[PDB]
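Worksheet: the structure to be examined is printed underneath.
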Amino acid sequence: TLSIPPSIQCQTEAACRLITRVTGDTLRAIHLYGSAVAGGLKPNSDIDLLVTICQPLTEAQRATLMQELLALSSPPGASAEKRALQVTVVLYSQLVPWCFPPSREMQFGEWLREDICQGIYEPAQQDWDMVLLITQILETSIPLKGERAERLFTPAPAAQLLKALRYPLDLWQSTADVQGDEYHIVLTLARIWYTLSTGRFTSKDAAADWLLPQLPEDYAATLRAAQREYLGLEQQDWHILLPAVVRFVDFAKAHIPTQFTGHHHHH
Ligand SMILES: CN[C@@H]1[C@H](O[C@H]2[C@H](O[C@H]3[C@H](O)[C@@H](O)[C@H](NC(=N)N)[C@@H](O)[C@@H]3NC(=N)N)O[C@@H](C)[C@]2(O)CO)O[C@@H](CO)[C@H](O)[C@H]1O
Ligand SMILES: Nc1ncnc2c1ncn2[C@@H]1O[C@H](COP(=O)(O)OP(=O)(O)OP(=O)(O)O)[C@@H](O)[C@H]1O
Ligand SMILES: [Ca+2]
Ligand SMILES: [Cl-]
């Protein structure tokens, strides 16, 4: 261990074999990461995969990969036997040596099903979240193909990890920026706050529990509602809660650290 949860082994092997067959000789590695390995696998959770390749895929490779991942993935919650897949593809040359912000070659996920069905695919593009993804994989991941992460990737400088953690925080500003993703944003803000304060990464649920006793009660109530929905215990009316979510976002913007809290950098 680390270990692949038995309940996802079959689908994870099928995804691995598809990605291997389509990418052929450009494939460098495939890593399983996220809550399946780090903890907190819930009924709606996806299976998170990072695919490292040497050269860009042809349009043929990309089209085949997208269409066949549609058949291997299901919408979150539709099935207990066939989960949503999230597959991010990255060029090795964006990570070794690092390019900041790094780009991602391709992204599959269920939120893109309607577009992907019609052959509409996001182009390669810069994404600061890749710094966070590789940082998490260096701590907790399983190589399904290729080498263990610590033999393949190198840590980003703290200065760049700081920028990657604060980029989404600065970008959430208006009601429309958060509508449709209320509990997800509230919980991700708790995770960002936890990482900047401790230098560590933790699950959505554990980050909420870490932050709750530190908040004034009004902000603790919004965080509790987000946590309780994520845990399956009650679905809120987020239209009614939107003004309090906006206040929570602004409180986090005002209070989250602007540099790692040092002896508490990520190591
Ligand atoms: C890349 N992961 C997906 C992606 O996650 C994003 C998410 O991104 C959403 C933004 O938070 C949200 O503000 C934005 N809304 C507006 N621009 N109005 C959403 O569009 C954005 N979602 C998205 N781009 N799919 O929040 C980031 C912290 C993320 O987890 C990084 O991985 O989108 C989520 C749906 O929104 C999916 O559940 C995730 O699987
Ligand atoms: N400090 C942080 N700690 C962890 N993830 C963070 C942090 N800041 C931003 N994120 C980003 O939030 C996303 C978390 O991915 P995802 O929603 O799949 O979560 P998960 O932990 O696997 O839980 P789930 O079981 O709900 O899928 C990633 O894009 C990750 O890089
Ligand atoms: Ca996940
Ligand atoms: Cl778990």
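Residue numbers count from 1 along this sequence. Side-chain atoms are counted along with the backbone in the values below, which use heavy atoms only and exclude waters and symmetry mates. Structure determined by X-ray crystallography, 1.4 Å. Just follow the structure's listing: the first ligand is 1, and inside any ligand the first atom is 1.
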Practice problem: State which of plerixafor, dihydrostreptomycin, Desferal occupies ligand 1. | Solution: dihydrostreptomycin
Practice problem: List the chief contact partner of dihydrostreptomycin (ligand 1) in this entry, with the name from the PDB entry. | Solution: Streptomycin 3''-adenylyltransferase
Exercise. Please indicate whether any nitrogen or oxygen in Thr188 is less than 3.5 Å from any nitrogen or oxygen in dihydrostreptomycin (ligand 1).
Key: no
Practice problem: Check the UniProt streptomycin-binding residues of chain A and list those with any heavy atom under 4.0 Å from dihydrostreptomycin (ligand 1). | Solution: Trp172, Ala176, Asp177, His184
Self-check item: Per-atom contact, atom 36 (O) of dihydrostreptomycin (ligand 1), protein heavy atoms, under 4.0 angstrom
Solution: yes
Quiz item: So, is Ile185 polar-close to dihydrostreptomycin (ligand 1), with some N/O to N/O distance under 3.5 Å?
Solution: no
Exercise. Provide the number and name of each other ligand or ion under 4.0 Å from dihydrostreptomycin (ligand 1).
Key: ligand 2 (adenosine-5'-triphosphate)
Quiz item: Any idea which of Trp111, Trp128, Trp172 brings a heavy atom closest to atom 10 (C) of dihydrostreptomycin (ligand 1)?
Solution: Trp172
Quiz item: Which organism does the PDB entry give as the source of chain A?
Solution: Salmonella enterica subsp. enterica serovar Typhimurium
Exercise. Tell me which part of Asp129 gets within contact of dihydrostreptomycin (ligand 1): side chain, backbone, both or neither, using heavy atoms under 4.0 Å.
Key: side chain
Quiz item: Does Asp177, backbone or side chain, put an N or O under 3.5 Å from an N or O of dihydrostreptomycin (ligand 1)?
Solution: yes
Quiz item: Which UniProt ATP binders of chain A are under 4.0 Å from dihydrostreptomycin (ligand 1) in heavy-atom terms?
Solution: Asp129
Quiz item: Taking heavy atoms and a cut-off of 4.0 Å, what residues surround dihydrostreptomycin (ligand 1)?
Solution: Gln86, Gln107, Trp111, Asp129, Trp172, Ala176, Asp177, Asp181, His184, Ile185, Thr188
